[PDB]
Number of protein chains: 2
Amino acid sequence: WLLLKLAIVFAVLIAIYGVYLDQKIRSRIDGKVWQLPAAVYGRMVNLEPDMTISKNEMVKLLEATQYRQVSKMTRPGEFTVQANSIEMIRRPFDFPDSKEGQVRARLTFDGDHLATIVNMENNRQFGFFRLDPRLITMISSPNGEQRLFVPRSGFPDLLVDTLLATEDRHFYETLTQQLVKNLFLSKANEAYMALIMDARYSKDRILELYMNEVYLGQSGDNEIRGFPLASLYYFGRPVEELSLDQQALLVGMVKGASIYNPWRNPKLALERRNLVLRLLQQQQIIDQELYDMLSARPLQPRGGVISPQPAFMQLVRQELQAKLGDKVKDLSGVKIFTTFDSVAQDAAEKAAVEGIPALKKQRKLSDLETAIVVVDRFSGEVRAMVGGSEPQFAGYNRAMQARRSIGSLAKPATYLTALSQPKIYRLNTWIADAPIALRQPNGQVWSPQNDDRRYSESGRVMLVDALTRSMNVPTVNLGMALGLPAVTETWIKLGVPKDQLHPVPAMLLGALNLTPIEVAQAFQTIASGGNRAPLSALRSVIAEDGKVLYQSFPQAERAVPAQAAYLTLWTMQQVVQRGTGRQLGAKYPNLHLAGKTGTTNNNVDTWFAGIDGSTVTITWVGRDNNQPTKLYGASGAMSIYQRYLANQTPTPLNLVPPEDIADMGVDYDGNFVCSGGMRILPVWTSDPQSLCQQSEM
Amino acid sequence: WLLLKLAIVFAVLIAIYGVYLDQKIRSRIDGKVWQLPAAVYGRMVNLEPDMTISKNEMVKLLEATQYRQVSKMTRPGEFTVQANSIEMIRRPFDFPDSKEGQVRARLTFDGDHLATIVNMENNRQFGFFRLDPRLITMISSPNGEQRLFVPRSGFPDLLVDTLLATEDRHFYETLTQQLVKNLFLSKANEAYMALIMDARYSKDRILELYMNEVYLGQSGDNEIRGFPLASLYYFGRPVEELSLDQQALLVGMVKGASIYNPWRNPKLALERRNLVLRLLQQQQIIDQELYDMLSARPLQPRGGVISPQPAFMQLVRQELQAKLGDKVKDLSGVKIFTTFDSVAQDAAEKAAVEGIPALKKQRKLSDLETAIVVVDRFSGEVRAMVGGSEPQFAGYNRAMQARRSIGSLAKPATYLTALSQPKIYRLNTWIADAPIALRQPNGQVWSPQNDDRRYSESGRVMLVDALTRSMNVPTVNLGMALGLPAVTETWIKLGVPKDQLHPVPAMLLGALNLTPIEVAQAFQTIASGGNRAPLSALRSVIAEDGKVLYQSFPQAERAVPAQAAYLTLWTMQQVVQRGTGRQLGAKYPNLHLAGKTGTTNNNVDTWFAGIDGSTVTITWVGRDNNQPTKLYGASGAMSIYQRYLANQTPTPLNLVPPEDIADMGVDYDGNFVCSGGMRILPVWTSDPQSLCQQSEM
Ligand SMILES: *C(=O)[C@@H](NC(=O)[C@H](N)c1ccccc1)[C@H]1NC(C(=O)O)=C(C)CS1
Ligand SMILES: *C(=O)[C@@H](NC(=O)[C@H](N)c1ccccc1)[C@H]1NC(C(=O)O)=C(C)CS1
């Protein structure tokens with residue numbers, strides 16, 4: 001017999017093929033298994049005793065951070081609402097500062113402020129309590145396969161059993177065969193690889209690799225793979241927080257994700273979900289005492305979840321390039337922590353989605369558009385970005401790309417340049433309000449007019465009223481007295497791009513084309529108290545091994561004096577209370593908002609700059625075809641800001657006067673009085689006996 | 001270990017695949033291996049003592065039957081030439097009568113006749129000696145693969161060794177691998193099949209199957225496979241009769257027949273032939289004492305050998321359908337024995353190939369054509385068929401397909417109808433030669449004229465002279481006296497198609513459109529002595545197992561009386577000696593040829609019917625466009641027959657007078673005389689005292 005002898009070498013030749021496969025499995029598994037895309041997270045909110053936040057504001061903040069309201073808590077990422085407190089189970093999160101687990105706390109409130117945050121385990125108060133950030137999106141991997149790596153513990157025991165019942169009973173050496181099918185191949189070859197895989201790597205590793213590989217959905221040209229990313233994609237909570245009905249649907253989609261897609265066909269997807277529920281009940285785990293309760297819950301955010309936050313993600317990407325260059329991207333398992341505010345965004349999106357079609361019908365238009373930028377008053381951190389009236393599905397971001405004439409938003413700069421000189425210009429400084437005729441290099445006569453084409457009876461107005469009422473004629477006169485290079489110098493210090501400044505008399509009235517983000521920088525500089533803080537979207541960039549690649553730091557710069565900024569901010573409160581913006585100040589008088597309206601020529605662009613206790617908000621309302629809006633600054637843009645304020649809880653603006661601020665009294669003539677006077681104006685002076693020098697006449 | 005245990009079943013699964021292959025090899029080999037195409041052979045010539053054949057005629061007959069002239073005989077199919085004898089080795093042939101082997105005989109001659117055929121082994125005379133037939137062609141197999149099966153002995157020992165040296169040394173268990181590669185497949189599968197093939201079937205069978213399978217050439221869309229058919233295709237002798245240089249070329253072509261094809265590239269083919277010769281010399285068989293003698297012989301008939309004898313093969317195919325129907329063809333290894341004469345054909349082809357371009361230049365024409373049919377005088381067996389001036393490459397066969405007006409070839413029929421009545425018409429019967437005017441159903445006057453438009457001085461001519469000189473006017477008068485139905489009755493008896501006979505006065509002059517084969521039937525009937533023998537191309541059809549499928553038998557039928565046919569034949573000798581055909585009778589007076597010329601109106605068609613001692617030859621010369629040839633009956637057609645007679649050895653016509661034939665004397669008045677007379681004519685009379693009844697006046 002030369003049958004065995006010749007075919008003995010067949011066992012040898014296939015065994016050496018197995019040693020070749022073992023060498024290949026180790027090359028992949030003992031190291032890089034996948035190119036894990038960059039995880040993009042929102043702001044990490046730290047709660048504190050005596051912090052200004054209400055019970056309702058906390059529910060809205062919890063709900064925005066993927067937390068669920070329940071009557072009785074069991075799972076993490078859940079909360080209960082009481083008459084004066086909130087009980088929650090803060091989900092486990094690998095924070096860059098320190099990795100944390102499950103923390104069950106009670107948040108006791110006293111109306112407007114947070115009294116205590118007590119651990120429900122030991123009954124002890126917290127010095128500060130960390131709220132985990134919400135996962136915004138994932139930056140597209142070139143491979144086209146999107147995942148979120150989660151270890152063995154991260155998957156609950158119920159889900160492992162839900163998967164075991166529909167697929168395998170591990171105790172041999174199909175689960176390890178399916179792994180090698182998705183992980184390596186395009187039947188005999190996979191069964192041979194599974195023999196090696198099971199023998200070398202322990203059971204725990206097999207189900208860890210499988211639960212992060214399996215195909216579960218599709219978004220454009222990106223594969224939604226593995227149970228952890230699928231959980232957030234289909235419902236909106238981590239894999240650990242799933243209910244059994246949701247686990248059954250995720251488990252059911254494994255053998256055919258495309259036909260069990262609830263977005264396309266819900267009937268077949270619901271039918272397959274009940275099939276998983278009817279498979280589990282047959283086994284020792286479940287009884288028909290709740291099968292009809294799980295099968296009764298029909299499922300989902302019903303959106304495509306393709307490009308989450310396209311307006312804000314443009315800036316994130318642009319800043320990742322500015323700080324880390326070209327890689328970044330080579331690295332796998334990157335964690336990006338942004339300045340993004342889920343509360344401010346939903347409110348800004350709702351103000352855009354509802355406000356615009358309401359202004360389109362009201363004014364009888366066909367193509368009105370908008371742009372909203374929300375930044376932190378002091379730090380300059382970009383909290384929210386709205387690129388248009390349709391912020392969900394966007395291709396054009398009007399917050400970073402739409403360069404438009406700013407209009408009357410250019411007025412504070414002139415007054416800030418004047419109020420920078422306390423020895424000359426004060427709030428009671430009389431500005432001429434009489435006809436203007438300025439000959440230019442043409443030589444055509446430039447005769448700017450006031451909005452009503454009227455001039456003051458006495459032929460003058462005080463500085464304070466000129467900005468409050470957004471008067472053009474006194475603005476030019478003041479701006480021409482300081483000189484255009486001085487006013488152009490203020491703008492550079494405010495943070496606006498240098499190449500956009502054209503020093504011509506028209507600049508004082510709005511001949512400055514900026515994007516809402518560039519406008520947000522100029523208003524932030526004055527709102528912080530004169531400190532120019534460069535606007536940012538990146539807080540930190542962390543690697544897989546917890547290595548800090550990028551870490552942002554406070555880099556604020558003193559641009560304009562503190563007292564000049566305060567005097568401008570105080571006058572900006574007068575525009576919101578009595579001036580052009582008085583329609584807002586009547587709706588919210590207890591917010592003491594500092595603001596400025598903007599209306600370009602022929603109602604082409606409508607602008608509003610709103611300053612609360614915590615944020616600087618730039619709202620722009622206009623048409624993409626540069627056509628009339630039949631809208632003003634107070635209407636349109638400001639009515640979108642009022643909607644943004646009504647959609648959330650705004651912080652009231654309490655202006656803390658800095659050094660050398662003295663509230664002085666003036667008479668009808670505008671002269672400082674020792675005691676009394678019909679008007680009280682703040683003055684940048686260290687010795688109020690500026691009245692004595694004035695009263696002596 | 002579950003390595004051996006799991007892979008022990010791999011030896012089992014491949015062994016059961018081998019038992020499947022053994023079952024498949026037996027299904028093919030133990031029975032039908034190939035669909036062997038029908039072998040088509042020429043006439044089987046039987047030599048006899050006292051037979052009329054010369055030494056030179058025998059050399060020509062041997063050379064035509066693939067026999068080679070040598071100075072010293074060694075191999076079969078060879079012959080030597082002496083002063084009065086021929087020594088030959090008659091090759092082995094499986095004759096239908098009795099299978100024979102190698103016979104070395106001396107053929108002693110006495111000028112014109114064969115004296116003795118003596119076996120050179122025992123020095124004994126033969127009663128009859130069989131000459132093997134030449135293989136004409138093979139009838140195309142639907143499979144498209146042409147072969148000629150030859151057993152193990154059929155291949156010489158030198159050729160087996162010539163093949164062994166270039167390929168294998170059989171003693172194991174590549175020769176059996178090459179077999180299964182060509183015989184079954186489109187490397188591992190063939191080596192596995194070769195293990196089975198070698199183990200079950202003995203060595204002898206392997207080389208028998210291989211030597212009949214191997215690809216050696218191509219002809220149109222037919223594969224020339226195996227050494228036996230390749231031998232005749234490339235050289236012209238059976239595989240047994242090859243020289244070592246020819247064996248080496250055939251052996252060399254095995255690994256690549258297309259690039260070692262001597263028809264396309266002779267340089268590479270000659271180079272590879274010397275490569276085989278230089279491989280054999282290295283081994284114990286050959287020494288450099290003759291390598292330079294074998295390598296010095298450069299090779300071949302240089303023709304395509306695509307469609308051998310297309311004109312004659314049309315009839316073979318047509319008759320195979322008439323006698324055996326649709327199968328035939330299902331059967332494999334069929335042997336077809338035809339009436340084909342290789343000597344008559346080469347001579348008829350040479351007369352067409354040389355004669356036509358010679359008549360084209362001579363007469364200054366551009367498209368002259370021809371057709372030649374040679375049949376056996378008595379049996380009616382078709383010996384040769386020429387379809388045109390280019391008989392090698394033919395698409396149109398003018399012998400079976402070209403229907404043309406016969407002209408003066410219609411004259412013998414009228415005289416045969418007249419000479420059938422001995423009581424009325426004799427050779428000395430006076431026929432009127434005066435103007436004719438026959439009113440027809442138009443009513444237009446038909447006035448036929450003699451070729452010279454002249455009439456006899458006395459106003460009459462004798463019957464004998466009227467046919468001899470091919471006179472039109474006396475032919476009509478004789479034909480109208482017998483009546484057209486009597487003359488139409490003679491034609492039916494002669495064997496011409498019934499639907500082509502139009503009984504109108506014009507028929508007597510050539511208003512009869514026939515093909516040369518149909519003309520061959522009419523002239524055969526009279527040349528045999530009045531016996532109509534249906535013309536045939538098939539002698540027998542034999543199966544592979546020597547089973548007689550078809551066997552032809554003598555089926556001659558008495559059509560016209562013997563004496564009437566003789567009197568017509570004797571007058572046909574007068575046309576060749578003194579009449580229209582006198583140009584032939586001066587070149588060959590000792591042949592006493594019986595003939596008739598034919599010239600249609602406006603020299604459109606030229607015809608000649610030549611009768612020798614053994615054959616009836618119909619020659620037609622005309623243009624395919626029915627245009628003037630500038631040629632007559634005596635010139636053109638008859639000049640092609642003279643070339644056919646000069647290219648071979650014709651049998652002299654010695655007319656044996658049948659019963660009641662008496663040579664009688666006539667005076668100038670044409671009356672029978674008792675003794676004397678200026679003319680001697682044969683008369684169908686049993687009592688010559690027809691002179692007494694005549695002389696009494
Ligand atoms: C600033 O934008 C300043 N605008 C104008 O002077 C433009 N050219 C204008 C537009 C409509 C009607 C009259 C003049 C204006 N400031 C505002 C404002 O507070 O929004 C408007 C309403 C007019 S003065
Ligand atoms: C028979 O073919 C008979 N032919 C004619 O009468 C034709 N019409 C003819 C052709 C040319 C010149 C005069 C008449 C003739 N038989 C032959 C012959 O023997 O071949 C010819 C030459 C003229 S009579």
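In what follows, every chain begins at residue 1, and chains take the letters A, B, ... in the order their sequences are listed. One-based numbering, in listed order, for ligands and for the atoms of each.
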* Can you identify the drug molecule modeled at ligand 1? -> cephalexin (bound form)
* To do: Write down the name, per the PDB entry, of the macromolecule bound to cephalexin (bound form, ligand 1) with the most contacts.
  => Penicillin-binding protein 1B
* To do: Give the letters of all other chains that come under 4.0 Å from cephalexin (bound form, ligand 1) at a heavy atom.
  => A
* Asked: What are the neighbouring residues of cephalexin (bound form, ligand 1) within 4.0 Å, counting only heavy atoms?
  -> A/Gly407, A/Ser408, A/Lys411, A/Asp451, A/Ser470, A/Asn472, A/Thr580, A/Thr597, A/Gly598, A/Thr599, A/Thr600, A/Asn601, A/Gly633
* To do: Write down the residue and atom holding a covalent tether to cephalexin (bound form, ligand 1), else none.
  => A/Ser408 OG
* To do: Do me a favour and list the nearest non-hydrogen protein atom to atom 8 (N) of cephalexin (bound form, ligand 1) with residue, atom name and distance?
  => A/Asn601 OD1, 3.4 Å
* For atom 3 (C) of cephalexin (bound form, ligand 1), what is the nearest protein heavy atom, given as residue, atom name and distance? -> A/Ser408 OG, 2.3 Å
* Can you tell me which residue and heavy atom of the protein come closest to atom 9 (C) of cephalexin (bound form, ligand 1), and the distance to 0.1 Å? -> A/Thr599 O, 3.9 Å
* Output the list of atoms in cephalexin (bound form, ligand 1) that are nearer than 4.0 Å to some heavy atom of A/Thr597, sorted by atom number. => 18 (C), 19 (O), 20 (O)
* To do: Identify, for atom 13 (C) of cephalexin (bound form, ligand 1), the protein heavy atom at the shortest distance, and state residue, atom and that distance.
  => A/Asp451 CB, 3.5 Å
* To do: Give the closest UniProt active-site residue of chain A to cephalexin (bound form, ligand 1) and its minimum heavy-atom distance, rounded to 1 Å.
  => A/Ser408, 1 Å
